[PDB]
Asker: 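Looking at a complex of furosemide and Solute carrier family 12 member 2 here.
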Amino acid sequence: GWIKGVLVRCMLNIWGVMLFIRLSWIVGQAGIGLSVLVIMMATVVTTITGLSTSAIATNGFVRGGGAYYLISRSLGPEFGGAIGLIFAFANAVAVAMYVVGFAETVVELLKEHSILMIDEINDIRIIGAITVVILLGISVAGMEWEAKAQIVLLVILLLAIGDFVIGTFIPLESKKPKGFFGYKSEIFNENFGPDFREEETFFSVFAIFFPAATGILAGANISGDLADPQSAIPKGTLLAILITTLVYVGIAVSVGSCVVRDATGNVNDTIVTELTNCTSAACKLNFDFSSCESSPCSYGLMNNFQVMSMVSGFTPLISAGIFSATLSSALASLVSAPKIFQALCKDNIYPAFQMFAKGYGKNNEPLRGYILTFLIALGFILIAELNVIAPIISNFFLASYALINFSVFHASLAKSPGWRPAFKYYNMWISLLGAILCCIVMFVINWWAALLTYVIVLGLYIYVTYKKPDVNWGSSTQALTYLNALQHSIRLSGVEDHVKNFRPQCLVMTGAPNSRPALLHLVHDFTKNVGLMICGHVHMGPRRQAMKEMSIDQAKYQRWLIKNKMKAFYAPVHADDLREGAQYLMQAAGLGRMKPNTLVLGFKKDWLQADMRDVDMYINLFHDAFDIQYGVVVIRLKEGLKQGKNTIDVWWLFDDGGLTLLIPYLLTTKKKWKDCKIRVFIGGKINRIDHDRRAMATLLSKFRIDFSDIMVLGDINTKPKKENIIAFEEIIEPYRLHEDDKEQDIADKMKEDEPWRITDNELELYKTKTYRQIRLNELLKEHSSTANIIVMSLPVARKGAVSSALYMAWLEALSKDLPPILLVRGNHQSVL
Amino acid sequence: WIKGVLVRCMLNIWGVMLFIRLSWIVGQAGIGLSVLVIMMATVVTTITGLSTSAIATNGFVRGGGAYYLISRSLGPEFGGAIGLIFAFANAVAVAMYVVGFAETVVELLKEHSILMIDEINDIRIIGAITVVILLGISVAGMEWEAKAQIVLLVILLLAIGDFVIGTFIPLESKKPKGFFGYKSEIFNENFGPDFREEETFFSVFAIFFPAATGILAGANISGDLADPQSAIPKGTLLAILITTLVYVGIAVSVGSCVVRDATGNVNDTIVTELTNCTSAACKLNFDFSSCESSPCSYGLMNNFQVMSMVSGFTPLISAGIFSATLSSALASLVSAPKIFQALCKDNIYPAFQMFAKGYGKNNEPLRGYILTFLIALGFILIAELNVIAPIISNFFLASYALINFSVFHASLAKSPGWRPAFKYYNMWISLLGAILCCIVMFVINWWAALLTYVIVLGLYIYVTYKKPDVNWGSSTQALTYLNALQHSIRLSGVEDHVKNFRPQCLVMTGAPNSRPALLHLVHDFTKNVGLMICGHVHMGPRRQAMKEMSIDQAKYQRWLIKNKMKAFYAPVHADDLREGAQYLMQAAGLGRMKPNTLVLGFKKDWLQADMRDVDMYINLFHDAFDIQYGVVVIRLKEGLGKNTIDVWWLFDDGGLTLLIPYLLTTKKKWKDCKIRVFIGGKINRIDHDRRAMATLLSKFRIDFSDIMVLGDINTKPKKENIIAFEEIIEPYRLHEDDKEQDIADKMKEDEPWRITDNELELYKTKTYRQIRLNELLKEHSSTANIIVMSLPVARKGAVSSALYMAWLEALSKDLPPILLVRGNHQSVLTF
Ligand SMILES: NS(=O)(=O)c1cc(C(=O)O)c(NCc2ccco2)cc1Cl
Ligand SMILES: NS(=O)(=O)c1cc(C(=O)O)c(NCc2ccco2)cc1Cl
């Protein structure tokens with residue numbers, strides 16, 4: 001593997017302009033020990049983030065290529081996106097940092113040669129604009145060029161830092177005008193001072209140093225391909241942070257022991273005999289610093305930001321090295337950030353940003369993404385001063401690192417993916433501690449900008465929480481949502497008591513979900529968010545071709561159920577007939593306590609023109625649903641289409657456990673039937689109108705129906721009319737067995753060859769039930785004609801007590817021409 | 001309803017800070033700043049009131065505990081978080097009110113002549129004694145809790161009436177101090193902001209926020225209302241409206257009545273003299289000099305009896321302070337232990353369970369009492385007032401911020417039980433309120449805010465998965481049930497194609513109490529990578545089936561959740577085992593969580609059992625294969641080199657034979673694996689087949705120890721094993737050649753399962769292969785933790801069930817735990 005390549009790229013990202021152009025003021029403002037402290041703290045947080053991103057790279061997404069899929073699925077759909085935004089924005093503003101550094105170095109280069117000084121902020125702005133022009137011109141195309149240029153340039157950078165540690169080794173009297181002393185002992189003692197002359201504090205110089213150590217995420221996940229991408233990249237990058245920390249400590253100590261804080265650029269201010277009062281760094285010598293305690297100093301350590309780069313020997317090589325380092329870091333940042341934006345746009349967790357992904361050229365680079373990154377980077381370039389801008393970039397890098405640490409901690413704690421340890425010091429608690437320390441430290445720097453950072457993080461969490469995108473868990477890593485669903489189902493199965501909640505769970509026995517859409521919508525009304533709907537389908541046919549047909553039907557009808565705004569589980573079964581497959585579904589479907597407890601059938605509207613064997617299976621389906629204590633709900637809709645305008649009439653005619661009252665109430669809460677007034681109809685005696693009405697009203701207050709009105713009807717149990725019974729017997733006539741007219745042997749033959757014939761004996765035996773059904777239909781047409789939905793208790797009979805033709809004729813006569821009617825019968829156990 | 005809970009809420013909110021500190025606050029801060037402080041505290045309290053109003057209007061009829069309301073509406077995690085924070089806030093607020101009462105008592109002693117010691121220590125001793133007497137009243141005060149509160153409210157309104165009457169009554173003795181009734185001349189000097197001795201705008205707000213607290217404690221905590229859905233919103237919100245405006249009124253009247261600098265001395269009664277005095281002190285003649293140059297002792301700044309100086313009949317006003325403070329303390333000491341015991345009974349904190357127990361007429365926690373009134377005395381030791389007040393303010397702000405953020409989070413993420421339907425509620429209002437609470441939480445104190453942030457974050461981390469690991473703790477099914485709904489829908493909506501294959505097992509063992517080791521072995525390779533459904537076919541009468549199935553389901557699910565098994569007990573009712581297994585294979589599971597493999601224990605004692613049962617058990621194999629399922633036949637011994645998991649790969653069945661050992665290895669008990677993969681290949685360059693199988697293994701991430709290629713299969717075994725097999729199958733063998741044709745025909749049609757001599761002659765090579773494989777397993781794999789071999793398979797009706805089970809018994813005769821695995825041709829590197 002190219003541990004060499006990863007090392008050189010991570011180094012070149014760290015070894016930028018903040019590496020060696022500001023450390024002079026870092027040690028001049030603070031001292032030796034305090035600079036060592038800030039370097040060590042930046043090292044601690046950087047190595048915690050390095051261990052975190054090492055845990056990202058080596059395991060959990062070892063096979064997975066690319067940064068963003070790994071950071072998303074190996075962590076969580078929520079956690080990856082925020083990291084992407086903040087770290088991309090941090091790179092975008094780092095571009096501004098490094099071009100400002102190049103610009104101020106160019107200003108210093110021009111100042112000595114130029115006879116006059118143009119506006120300094122304007123000079124920095126125009127030079128930075130030109131540098132970003134070169135940056136984009138390089139970043140249009142080419143990656144092997146940077147892959148070689150990094151190895152080309154790291155040697156020159158090491159030569160530059162060697163020139164720093166060697167320029168003091170050669171002293172010179174011409175170097176004495178500037179306050180230069182060669183590795184003297186007094187300088188280190190002078191510079192080991194904990195609080196110093198500049199008003200800025202410790203956390204200020206912490207911000208001034210911190211972005212230099214940032215950028216380690218580039219080689220771990222942002223880096224892609226480059227031969228071996230795993231199992232040795234973490235060790236190489238960790239070694240990179242370690243060696244950068246060692247060289248930072250070395251150069252800080254060397255510069256602190258090198259040069260005194262304030263200096264006078266003159267041959268004067270040298271005292272022949274003054275051993276007392278220690279005016280300069282060299283107390284007995286006092287070569288340079290005198291009379292500049294209150295006067296501004298031209299070439300001071302803290303007063304001049306770049307004195308170490310000017311007083312180092314062979315300084316043109318230093319000047320070239322500054323350009324090389326800052327341009328290399330700028331190229332790295334500006335090839336990173338736009339592709340980060342484009343990657344998050346392509347994954348489209350946030351469709352509001354999705355159009356930024358362009359892929360204009362042969363490479364997938366975003367042209368409009370390049371323009372947007374150019375604009376925002378130049379916007380931060382508009383601030384031509386580096387001292388206050390550097391904390392801003394520090395804030396977003398350190399915040400992104402804190403989010404990475406907390407994401408790694410949450411991934412280790414939850415371990416929804418594989419997420420092996422596969423690392424030394426893989427501990428999640430140390431990552432949590434690093435994240436907390438990062439949060440506090442980010443706060444201490446620029447409390448207002450920090451508060452805006454928490455605001456942005458909370459807003460990102462707010463957006464990603466309510467909106468669940470089928471991006472990474474949805475594509476190629478469905479194991480995450482599978483395990484979440486499995487864990488939630490196991491948790492649900494752990495509840496001890498089920499008697500508290502009836503929880504209406506429906507098994508809709510409609511074969512084709514695309515067919516009968518209004519009935520599926522009506523079922524979805526009462527089970528949308530209160531219960532489980534399972535749209536069963538019994539596929540009969542050859543068993544050899546059964547499995548492929550069932551699979552393709554599952555795919556197609558599940559796509560249909562998801563496309564329409566429904567929450568249904570398509571469950572297909574293979575059986576010889578309807579009854580066997582329905583038995584399969586009713587006794588076996590569901591997981592744990594997500595098992596259907598009501599059976600929902602559509603009214604068989606073609607029972608007149610269908611074979612009576614199918615009607616027998618329909619009625620026996622009613623009966624063996626009642627055997628398993630299911631609740632039968634029969635829906636008869638005009639399929640040529642529901643609108644809620646006035647009322648939803650409920651006809652409480654039987655105590656079925658309260659299902660026929662529970663379903664209408666669940667209809668009201670869906671905001672489609674919000675403007676619908678429940679008007680319960682009950683059957684009581686004329687003398688008992690007040691008692692029944694009052695008790696029923698209290699019973700609804702127990703169901704919390706909040707009835708509009710309750711009307712008691714004495715019209716039931718009367719002879720319906722001459723016409724309606726005529727129509728009923730005309731409906732019966734094709735299936736009626738006229739045993740009176742036929743001979744007894746002929747009647748027995750016609751009964752045995754077709755046992756579904758309705759006879760004259762049980763027609764007169766069940767006369768009162770038939771008259772009750774017809775009378776109820778008359779009352780429905782009179783009182784419930786203007787109603788959105790009608791709910792009544794469906795009639796039942798003992799198994800074999802009635803012919804199937806008679807039972808379906810009762811169901812047809814009861815619901816003849818009404819609006820959508822919902823005949824409900826429930827198991828006798830209470831639903832409260 | 002209104003007056004039942006308004007009295008309690010007004011007693012709670014009108015506390016110690018109404019009387020002694022309001023004058024001081026409107027002295028340090030101007031009247032404009034006092035109005036700003038009271039108004040913005042009112043904004044915070046009203047936002048919390050709308051949040052808790054939505055919480056109460058969430059659709060459950062009556063919840064006893066307000067914490068339990070938070071729990072059933074938002075969830076166990078947030079419910080526990082607000083419960084703990086609010087309980088601690090009430091516990092420390094009890095100490096605050098005790099310190100306030102002790103302050104009034106000690107400064108009344110200073111009003112009198114008797115003073116035992118320095119007033120600072122007198123605060124400590126009086127606070128301790130008052131904690132003792134409040135314990136004496138606290139244990140059982142049912143008549144004091146209900147009957148005395150209306151009297152206390154009457155006394156409090158009486159006291160505020162005397163305050164107004166005192167504002168409207170000038171007197172000569174009030175003239176040396178600051179007292180000028182409702183005049184602009186001192187309103188001019190008093191309007192200005194005059195902060196003194198390190199005081200800031202947020203510090204006076206930090207001590208003022210204790211006054212506007214406990215809006216939940218007054219009415220919502222008790223949970224005894226005629227209309228809990230509707231009276232709770234009107235009980236609190238209107239109370240705030242009848243509270244804070246009264247506050248504002250005082251903030252005006254004091255600012256209009258008493259001067260910012262008042263000399264207690266009677267010496268500086270200036271004669272009517274022509275002196276300018278641009279300061280408002282001499283606008284009316286009395287100078288109030290030398291109290292601003294030197295330390296002062298009166299005038300909204302250096303005294304707190306200035307409000308008592310305003311009001312006549314000062315015993316009545318002092319009784320007003322006493323009644324208000326003790327009523328607030330009594331409300332807090334009732335609120336906190338009840339919520340704390342509800343936390344323990346909800347089992348969110350297992351270590352806290354010892355606090356739950358209590359005895360009495362109504363069960364109350366004595367452990368909670370002793371801990372709260374111990375930490376109260378711990379805060380009594382800090383006698384300094386404006387240091388106690390900020391930490392109670394911070395903790396109440398923590399409770400309110402957590403409430404608002406949790407309500408907003410439940411509204412945002414579309415939580416399952418979220419239909420509040422409150423008259424005027426907005427989720428954005430709650431979010432803004434939580435943000436404002438966090439900001440003003442920080443600004444008043446940084447270390448306290450940091451400690452609160454770190455403790456609530458640690459609590460959130462603890463309740464993430466450590467508590468939902470086994471027992472999440474919610475006794476309400478809904479927050480679980482509907483939740484799984486979306487997740488199963490979250491599983492159903494994804495287009496998995498055939499890319500995602502997971503081991504989804506349908507174990508067929510009727511009694512999970514029997515064969516626990518087999519269930520553990522199945523759980524080993526399906527713990528976190530698939531679905532495991534233990535299925536039971538209940539045989540018996542149909543009439544008593546449902547109750548028997550319900551009892552068995554409850555018992556076996558409790559057993560499966562007690563032992564660390566993640567399984568679903570799925571019972572089906574059928575006449576025979578084959579029909580129930582067909583039910584479970586066809587229909588069990590929902591969405592993408594449907595069984596993919598069939599797990600069958602090896603039918604030991606099949607020699608003793610009737611051959612019809614063996615025939616049905618064998619027909620289970622052929623039914624599973626038809627529905628395209630995978631069959632594993634574990635012959636784990638039920639009595640319970642080095643550690644090794646041997647894999648004999650003799651057939652290409654979709655890689656399940658290799659997938660099962662890999663899933664075994666990624667477990668704690670099988671961490672040491674040393675997988676040895678044996679394969680049968682014809683005699684050739686062995687290394688070719690070895691490296692091809694090695695590449696196929698490296699696809700599976702198996703980390704093999706060695707692939708051994710053995711060609712000793714397909715040879716005649718030893719004669720001992722063959723005759724042993726012959727004696728095994730002898731009782732079930734129809735010797736058609738030995739006997740006559742018609743006896744054989746009678747025995748065949750009577751017993752179709754009899755194995756003929758023709759089946760033995762046809763399948764001689766297969767039988768020899770099975771018994772030779774058994775010899776090879778004994779020779780090569782005698783010492784191993786697990787053996788996994790491809791399952792023998794025959795076409796339907798080709799072999800008798802006796803011969804088939806004799807093959808399965810001969811193959812696995814005296815071996816370690818052996819799994820005979822056959823899979824559908826699906827899992828070709830798809831996992
Ligand atoms: N309401 S119905 O009688 O016309 C009806 C109709 C159907 C239906 O076929 O849609 C159905 N599904 C079972 C099935 C058979 C073939 C495919 O699915 C069930 C019923 Cl009850
Ligand atoms: N693996 S087995 O053949 O010995 C077996 C064994 C059992 C078993 O009895 O545990 C079982 N349960 C079904 C049942 C019927 C009546 C009671 O349970 C099913 C099977 Cl396949």
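Proteins get letters first, then strands, A, B, ... in listed order; numbering begins at 1 in each. Counting starts at 1 for both ligands and their atoms, in listed order. We use all heavy atoms of the structure for the numbers below, so side chains are in, but hydrogens, waters and symmetry mates are not.
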Asker: Which neighbouring chains have any non-hydrogen atom closer than 4.0 Å to furosemide (ligand 1)?
Answerer: A
Asker: Where on the polymer does the covalent link from furosemide (ligand 1) land: which residue and which atom?
Answerer: none
Asker: Heavy-atom distance under 4.0 Å from furosemide (ligand 1): which UniProt transmembrane segments of chain A, counted from the N terminus, qualify?
Answerer: none
